[PDB]
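To keep things clear, I will list the structure first and then write my remarks on it.
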Amino acid sequence: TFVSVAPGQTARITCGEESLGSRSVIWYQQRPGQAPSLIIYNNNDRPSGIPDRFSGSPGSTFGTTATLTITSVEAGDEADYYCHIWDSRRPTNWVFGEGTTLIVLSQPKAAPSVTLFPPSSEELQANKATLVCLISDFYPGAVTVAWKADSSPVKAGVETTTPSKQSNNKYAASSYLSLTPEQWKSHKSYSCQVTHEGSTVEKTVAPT
Amino acid sequence: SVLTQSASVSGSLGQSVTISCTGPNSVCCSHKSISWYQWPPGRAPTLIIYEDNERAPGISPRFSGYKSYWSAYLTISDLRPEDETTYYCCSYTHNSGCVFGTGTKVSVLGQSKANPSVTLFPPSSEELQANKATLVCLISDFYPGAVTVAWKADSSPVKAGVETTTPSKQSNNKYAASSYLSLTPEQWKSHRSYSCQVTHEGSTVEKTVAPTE
Amino acid sequence: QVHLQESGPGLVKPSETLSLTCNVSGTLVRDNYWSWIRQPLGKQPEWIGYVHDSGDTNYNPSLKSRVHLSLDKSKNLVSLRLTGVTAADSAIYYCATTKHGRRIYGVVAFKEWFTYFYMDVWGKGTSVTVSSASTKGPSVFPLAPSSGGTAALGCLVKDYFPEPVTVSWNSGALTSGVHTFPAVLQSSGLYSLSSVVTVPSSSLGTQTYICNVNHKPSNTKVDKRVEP
Amino acid sequence: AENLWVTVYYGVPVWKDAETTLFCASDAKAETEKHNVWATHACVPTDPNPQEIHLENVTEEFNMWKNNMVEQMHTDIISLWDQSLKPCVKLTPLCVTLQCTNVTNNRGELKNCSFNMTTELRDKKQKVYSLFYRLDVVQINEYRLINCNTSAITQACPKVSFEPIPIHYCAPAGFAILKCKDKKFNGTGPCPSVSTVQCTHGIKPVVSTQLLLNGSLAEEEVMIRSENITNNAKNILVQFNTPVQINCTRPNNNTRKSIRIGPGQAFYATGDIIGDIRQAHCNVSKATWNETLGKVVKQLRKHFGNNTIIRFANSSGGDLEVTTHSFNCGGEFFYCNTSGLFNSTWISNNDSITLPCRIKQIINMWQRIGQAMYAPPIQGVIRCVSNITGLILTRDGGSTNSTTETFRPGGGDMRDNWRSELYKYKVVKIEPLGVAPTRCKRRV
Amino acid sequence: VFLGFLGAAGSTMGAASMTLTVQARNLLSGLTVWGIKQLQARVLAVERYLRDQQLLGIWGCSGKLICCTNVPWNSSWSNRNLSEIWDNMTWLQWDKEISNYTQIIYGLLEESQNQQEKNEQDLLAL
Amino acid sequence: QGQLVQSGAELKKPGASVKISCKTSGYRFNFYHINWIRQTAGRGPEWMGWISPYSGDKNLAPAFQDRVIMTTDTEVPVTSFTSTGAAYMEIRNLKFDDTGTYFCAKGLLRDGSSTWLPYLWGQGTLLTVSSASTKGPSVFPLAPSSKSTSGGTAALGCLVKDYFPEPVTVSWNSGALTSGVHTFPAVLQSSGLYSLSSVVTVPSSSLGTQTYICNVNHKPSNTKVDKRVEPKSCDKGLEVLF
Ligand SMILES: *[C@@H]1O[C@H](CO)[C@@H](O[C@@H]2O[C@H](CO)[C@@H](O[C@@H]3O[C@H](CO[C@H]4O[C@H](CO[C@H]5O[C@H](CO)[C@@H](O)[C@H](O)[C@@H]5O)[C@@H](O)[C@H](O[C@H]5O[C@H](CO)[C@@H](O)[C@H](O)[C@@H]5O[C@H]5O[C@H](CO)[C@@H](O)[C@H](O)[C@@H]5O)[C@@H]4O)[C@@H](O)[C@H](O[C@H]4O[C@H](CO)[C@@H](O)[C@H](O)[C@@H]4O[C@H]4O[C@H](CO)[C@@H](O)[C@H](O)[C@@H]4O[C@H]4O[C@H](CO)[C@@H](O)[C@H](O)[C@@H]4O)[C@@H]3O)[C@H](O)[C@H]2NC(C)=O)[C@H](O)[C@H]1NC(C)=O
Ligand SMILES: *[C@@H]1O[C@H](CO)[C@@H](O[C@@H]2O[C@H](CO)[C@@H](O[C@@H]3O[C@H](CO[C@H]4O[C@H](CO[C@H]5O[C@H](CO)[C@@H](O)[C@H](O)[C@@H]5O)[C@@H](O)[C@H](O[C@H]5O[C@H](CO)[C@@H](O)[C@H](O)[C@@H]5O)[C@@H]4O)[C@@H](O)[C@H](O[C@H]4O[C@H](CO)[C@@H](O)[C@H](O)[C@@H]4O)[C@@H]3O)[C@H](O)[C@H]2NC(C)=O)[C@H](O)[C@H]1NC(C)=O
Ligand SMILES: *[C@@H]1O[C@H](CO)[C@@H](O[C@@H]2O[C@H](CO)[C@@H](O[C@@H]3O[C@H](CO[C@H]4O[C@H](CO)[C@@H](O)[C@H](O)[C@@H]4O)[C@@H](O)[C@H](O[C@H]4O[C@H](CO)[C@@H](O)[C@H](O)[C@@H]4O[C@H]4O[C@H](CO)[C@@H](O)[C@H](O)[C@@H]4O)[C@@H]3O)[C@H](O)[C@H]2NC(C)=O)[C@H](O)[C@H]1NC(C)=O
Ligand SMILES: *[C@@H]1O[C@H](CO)[C@@H](O[C@@H]2O[C@H](CO)[C@@H](O[C@@H]3O[C@H](CO[C@H]4O[C@H](CO)[C@@H](O)[C@H](O)[C@@H]4O)[C@@H](O)[C@H](O[C@H]4O[C@H](CO)[C@@H](O)[C@H](O)[C@@H]4O)[C@@H]3O)[C@H](O)[C@H]2NC(C)=O)[C@H](O)[C@H]1NC(C)=O
Ligand SMILES: *[C@@H]1O[C@H](CO)[C@@H](O[C@@H]2O[C@H](CO)[C@@H](O[C@@H]3O[C@H](CO)[C@@H](O)[C@H](O[C@H]4O[C@H](CO)[C@@H](O)[C@H](O)[C@@H]4O)[C@@H]3O)[C@H](O)[C@H]2NC(C)=O)[C@H](O)[C@H]1NC(C)=O
Ligand SMILES: COc1cnc(-n2cnc(C)n2)c2[nH]cc(C(=O)C(=O)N3CCN(C(=O)c4ccccc4)CC3)c12
Ligand SMILES: *[C@@H]1O[C@H](CO)[C@@H](O[C@@H]2O[C@H](CO)[C@@H](O)[C@H](O)[C@H]2NC(C)=O)[C@H](O)[C@H]1NC(C)=O
Ligand SMILES: *[C@@H]1O[C@H](CO)[C@@H](O[C@@H]2O[C@H](CO)[C@@H](O)[C@H](O)[C@H]2NC(C)=O)[C@H](O)[C@H]1NC(C)=O
Ligand SMILES: *[C@@H]1O[C@H](CO)[C@@H](O[C@@H]2O[C@H](CO)[C@@H](O)[C@H](O)[C@H]2NC(C)=O)[C@H](O)[C@H]1NC(C)=O
Ligand SMILES: *[C@@H]1O[C@H](CO)[C@@H](O[C@@H]2O[C@H](CO)[C@@H](O)[C@H](O)[C@H]2NC(C)=O)[C@H](O)[C@H]1NC(C)=O
Ligand SMILES: *[C@@H]1O[C@H](CO)[C@@H](O)[C@H](O)[C@H]1NC(C)=O
Ligand SMILES: *[C@@H]1O[C@H](CO)[C@@H](O)[C@H](O)[C@H]1NC(C)=O
Ligand SMILES: *[C@@H]1O[C@H](CO)[C@@H](O)[C@H](O)[C@H]1NC(C)=O
Ligand SMILES: *[C@@H]1O[C@H](CO)[C@@H](O)[C@H](O)[C@H]1NC(C)=O
């Protein structure tokens, strides 16, 4: 479940089923690649360290779902939000409710900082060779790598990771091309063509 | 008392008798009511006549009253031996209280005689260890009520320690009395006998005890 | 402050027994409640059970007959056991303190209330992967610098299992410009990640830049010096 | 003259004790509309300016235990219920096997019963669920309604109300009602200050057990009344001078499912509960009840020796309606556990007290014959505020007497409910024909 | 003065004889359970009224409240006196003594009336 | 048609006060007045005043206008026509001419011209005003005598001597032998002490068939005496029968 909100506005998040009695909903926030943290306990009670911008629906309403309201949306709040339902009519829920990812808009485009690395001199002696193409600081995370042997693309041997953000608009993607020590000295140059939203950045490398 | 009755009045058995009850105009009898009562000395009175010529509940029709403009009268037809007592009259209205009279001693004549019964008692044994000595001379069943008691110390008039009560009416329409003689323990063992004389209409009765026996 | 750290094997064969440990630092393991949470990749967190002194310990109704918790007061740390593991138990197990609460709605006397819990101080978390494969030692290969006033420089870790691998630069003396990338699961069944650092072009010293690589499942610590 | 003559007199103040047919009176504001089960419309309005003549110099012997106004009201109320329930819906087809289950929550009590039911047509059935209290259902080896094996059941119309409104009992022409207006009177014996009235004061037909509610307050000291104190087989009616405060609530926002069970008939079932599953309760201030119980025991020592011990305990056993403080509160019938109010032991010399109450929807005629009623459920958290003006106490006939006496509550006979308000009234008939003698003779 | 209905119940018979029009003015007063309850009672009210009025009418006391008759007061009926009845006794206290001889006196009051009427018709014929 | 009972006889010194009660039973206490009349040696019977228990109206005589207070309690109903009540009287400034017997009387009628007239009286409470203290009596047994030799009768009794203020009653066998009792009044001596006598006439054939016990009670002194009269006489006229 995704709900995009413009920065500076107010955010809404729904989690859990509909209330059947008096509840005490516990809200959490999971930063991408980090550990979940406590946001609001007991429906609408914030501990020390959480600003008053976060407010949850009171557990005194019978029939409504747990709603998490976030005033003044910022790019830092872009993370996952899970809830823990404590219902007097329902048994104890040992599985958190399916979360909802907050999408901070107003982020048009980011330029990927690609970097190509040839195989090391210590690896060639091991009768192995592999090209490394690092891609970072790009938004949104949607890129497709296309290796080039001279002016001809390379089919098999291509290993590429999936984009993943790191607590910012920066995503991560790593492309690998498994070749042989005899394949490297064969062609004159190899390229790492990585397309972004509408651009195509390419870096080449030549043996010595 | 401001209300005057008859000091004494008499009447034979089976006849009637009238009692007067007069006084100043402030108490009798214009604009005043009259009531009669049978009040034996020492007992509880009995209402006879109320509201002038009206008898009280439970009163035999042998009584009758009449109030003039200056005095009221009470007529008791067919006299009874128990009627020989004192009668008082009251004057009252609807607002004021009562004002009794002087009283009337009614003596019903034509009754039978009654010789007195005298019994003298010597001092008891518990009294001789005190020590004192008292003679008890009781008189009863004598009519009318008028007797005199005289004591003697071994056929010698006594002029010290003599006392006698007044004749009192009994429940059987007769009178009773009593007399005592105060003597010292020395004269009880010095005299051969003591007597109690009781005079009644000339006939004098007497009883004698003997300390020597 | 309260610093919680988990440390376990990270790789357990199917139908065996998992043994984890939460090294506590900041408070006593007796004056607070403790709870463990696991989370599969791309799923929602699942509660496992809480543990406290005086025999206050409850298990998950779905994992009741397998889990066995304990608290080591003489060592000040939290333990965890899980017998008969399968492929569905592969998740990220956390260690967090628990503060209890009492939500009252009725008249109190008639037990018309319920006790709710919430974790406030989580831990860094440990990675546990369930598989019947053996652990392989990674092979580190240095990446030479190559290029405007700025230059790049990084290392490489190839063919290891399982995740993860901790990479540090200069033993932690370089936290500006480091961008460690996630690994890639090849067809052979071995992950491979990289790590680069943006340093100025005046790199020659020799400053002696070196990357520290550690792999807990294999106890492999390799130091490779990078030189142009 | 002296011989008196008989002279007839008309309109003499002479009366003798007798019994007649009494009627009612119900103010003018009692505009409540719809139609209450009793006094709405059906009763004669009350005189805006009632009249009460104090019979000076008159001393009369009353008797609350041999009064006929109690027997009339006791049976009049019974016939009033039979009259209001005659045209209401009959629930004979509701006696079907009930496949029940526990209520949705986390001592099960409420049961979610599903069953088949006849529709408007006489062919297809209807698989509709309900929610009956456990006291109204009984299993069989699935459940069944408790009355199906004893009595026929009829649902009370929802247009009527169970609220008691004041009803004044009046006597027709030629009769009169005497009111003993002395501040200390145990209901029996000669009355010092007596007065006459055509109608009694506002008496609300409240039917409660153990605890007397919304009644009349005693004057000066709390009054104690008993038919035979030396006989432990007779109840002891109590009356309070200062009323104790009691608050009852059913914290369950119920739902009314209108099921159609044929042509014209419509059964009102219980739907899903909105909110928490909370049981009904009644509160009594601990400060006030501590002073009232201590004020009644001071009057009990005037009948069982000055220096004695008095103990209070709950009911010994028997039926449910007597062992628990049962009554009505907004439509639902309660059955409150009274083990917290009679948990004391008095010798010769800070919030509230809550009671665990239960609710039944099927109630059987106290005549013991097989006619029961289904009380339609009420919607919303019900809340009633009532007074408690008296008690209905019993005494366990211990063989070791004159040691310590134990008092246990009770009830079961609503005649005592009417005796608590009809202790100061009795029926007499006026006979205006009286001869007397006087010196008056007519013509030739 | 004015005392109300039955106001002189405890007063003397002579004093209660003044309020004889007060207890007589309030002696008549002008299908569903509550509907037929009072209807059967108000029917018994006029029957109780016409029962005393019939006896009052046959005794020559039809339009009379305090009538005098020509029946000698037998001494066996508690021979009280004049100032002992009207000045120290209540009607409630008096009816208890004559309660035995109530139906006895009612038989003589009827013979005297039928005889007064028949003797009255003989005079007008002449 | 009831019964009025008064308090016991008390001895009060001149200058003090005395409270005489008057309990009623058998009639409505509020329907009749309560009159108080005394009778002394000087000036004869003297009515003092009455009081209406119903309203509380009092009417005192000019002679007792500023030294007598009358009070009545509330009526205690028993039946519809009878009840029980009590009336008191407080006379202050006692003198020597106030020695006599006091009576409380029930009213006659309720309405009319004789409503307060006294009709039903009590038994009377004797009041003695003197400075001498209460002295206990001295009961002495009397030896039987011969009343009739040919009739076979005798006479025995008890002797009460030296008793001050007089309220004295003499019974026999706890009120069993009341036939033939002849109690004579007392005598006023020169010292201030009275002394009466009692005697009962019984046949001579009764010796070991009846117990003679005279009960002399004197409440002012709070003493009761029970004497055993010896059936053996000493008269020479009665020994002829034994
Ligand atoms: C017969 O007799 C029996 C027994 O006497 C009686 O039974 C009683 O019934 C009543 C009502 O039926 C029942 O009341 C409930 O009490 C609940 C518990 O309240 C108590 O605890 C709290 C907190 O204590 C904790 O925290 C303290 C630190 O803050 C800590 O020190 C403690 O140790 C403990 O851990 C306490 O604050 C309460 O104090 C209240 O009472 C005082 C008088 O005694 C009063 O002076 C106080 O002001 C206070 O009243 C309120 O004050 C502010 C407003 O000024 C509110 O914000 C507070 O919340 C107080 O209510 C008590 O000591 C209580 O939670 C219940 O109220 C919640 O639940 C109902 C039903 O579900 C909801 O409708 C309410 O809206 C409310 O829901 C809010 O609170 C809960 C719990 O925090 C949250 O989970 C909800 O999300 C919601 O909070 C959010 O929404 C609200 C919406 O307005 C918003 O304002 C908030 O900011 C938030 O965003 C309910 O009041 C009582 O327990 C029960 N038993 C007893 C013994 O009394 C029967 O009723 C009697 N019957 C009859 C007929 O008479
Ligand atoms: C209930 O029962 C009770 C009791 O059974 C009954 O009360 C009795 O009522 C009857 C009448 O029905 C009363 O009988 C009458 O009493 C009249 C009152 O007497 C007058 O005189 C009193 C004395 O005054 C003198 O003394 C004072 C000093 O004390 C001095 O200053 C005066 O100048 C004067 O010298 C006086 O105190 C008394 O006052 C009372 O009454 C007035 C009202 O008038 C009241 O306001 C006062 O507060 C006070 O209570 C009164 O003035 C008496 O006059 C009357 O006699 C006349 O009437 C009869 C006819 O009834 C005529 O035949 C006669 O010729 C006179 O003209 C009559 O005797 C009786 O006394 C009451 N008490 C009893 C019986 O104990 C109630 O009525 C009953 N009530 C009911 C509803 O049933
Ligand atoms: C001892 O004596 C006390 C004092 O009288 C008595 O308290 C009374 O309790 C009863 C309930 O037990 C109360 O009756 C109900 O009161 C509620 C709330 O009243 C509010 O509204 C009125 C204005 O109407 C205000 O004056 C008052 O102050 C409150 O604010 C009402 O909501 C109830 O109405 C229903 O019932 C009536 C009669 O049955 C109907 O005429 C009415 O239409 C309602 O019925 C229907 O209403 C809806 C349709 O409009 C429908 O959806 C519903 O489902 C329902 O079918 C009712 O009047 C009473 O008010 C209390 N007394 C006082 C003075 O407030 C104790 O009960 C008594 N003890 C015992 C044991 O009897
Ligand atoms: C007493 O017992 C009765 C049973 O006899 C209960 O009545 C049942 O109540 C449950 C509520 O939990 C009902 O189940 C719900 O039905 C809803 C209606 O379904 C309609 O819509 C679907 C299309 O979506 C149609 O195909 C269908 O024909 C209906 O027209 C569903 O929408 C509900 O789904 C929700 O809950 C599930 C729970 O996992 C979620 O996963 C879903 O995403 C969704 O949010 C739900 O299935 C049931 O139908 C009722 N049955 C009857 C016969 O009434 C009473 O509630 C119970 N009362 C008490 C007090 O215990
Ligand atoms: C729904 O109902 C279930 C019932 O199964 C309920 O789970 C139960 O909770 C209670 C208390 O929350 C548990 O009882 C505990 O038992 C242990 C001994 O084994 C005690 O040591 C515990 O005492 C601690 O907790 C108390 C909670 O009030 C504290 O007051 C106390 O001081 C101690 O800190 C406690 O009594 C019971 O074991 C569980 N049952 C199961 C099967 O786990 C659940 O809480 C209910 N949920 C809701 C939302 O209503
Ligand atoms: C429940 O009572 C009936 C049920 N059902 C019927 N009928 C069904 N069909 C027919 C023709 N009658 C009834 N008839 C007369 C009835 C009664 O008066 C009657 O006994 N009480 C009504 C008054 N009361 C209560 O309020 C009450 C109070 C505290 C606890 C329990 C009940 C007592 C019992 C009657
Ligand atoms: C309500 O009626 C239906 C019939 O339409 C019942 O369903 C039958 O149940 C019996 C056993 O109880 C089975 O043998 C039948 O096969 C069922 N289907 C039929 C008869 O068509 C249902 O059980 C009833 N519900 C109750 C009794 O609660
Ligand atoms: C009991 O529940 C009903 C329905 O579940 C509540 O009725 C609602 O009342 C609110 C305002 O009070 C309205 O806005 C809703 O539209 C109503 N619901 C429906 C379906 O109409 C009722 O308020 C509840 N009562 C209590 C005391 O909580
Ligand atoms: C019963 O309920 C009444 C009213 O609901 C209570 O009276 C209230 O008392 C509080 C004090 O705690 C006051 O603040 C309110 O103003 C009162 N209400 C009214 C309408 O005056 C009463 O205290 C309750 N008693 C018990 C024993 O619960
Ligand atoms: C009424 O209340 C009393 C006491 O509150 C209840 O007695 C309890 O019974 C249970 C068994 O059901 C015991 O476990 C408790 O110990 C008892 N309490 C006490 C204080 O002894 C009683 O069950 C309740 N219900 C009835 C009908 O009496
Ligand atoms: C009865 O009263 C009359 C009044 O006229 C009176 O003459 C007569 O003596 C009274 N009789 C009795 C017995 O009191
Ligand atoms: C926890 O820390 C202690 C000391 O810091 C150490 O001895 C122990 O090995 C640690 N736990 C694990 C599981 O390594
Ligand atoms: C009261 O009961 C006792 C014993 O139960 C009995 O002896 C007596 O006759 C009854 N009636 C009373 C005391 O008036
Ligand atoms: C009066 O009553 C007596 C009854 O004692 C009766 O014998 C007598 O005949 C009655 N008088 C007349 C005239 O009938």
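All chains are named by letter (A, B, ...) in the order of the sequence lines, taking the proteins before the strands, and each is independently numbered beginning at 1. Each ligand, and each atom within it, is numbered from 1 in the order the structure gives.
- Drug at ligand 6 (options: pemafibrate, temsavir, retapamulin, epothilone D): temsavir.
- Of all chains here, the one making more contacts with temsavir than any other appears in the PDB entry as Envelope glycoprotein gp160.
- In contact with temsavir at heavy-atom distances under 4.0 Å, by letter: D.
- At 4.0 Å, heavy atom to atom, the residues around temsavir are D:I78, D:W81, D:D82, D:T154, D:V207, D:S326, D:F327, D:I363, D:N364, D:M365, D:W366, D:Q371, D:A372, D:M373.
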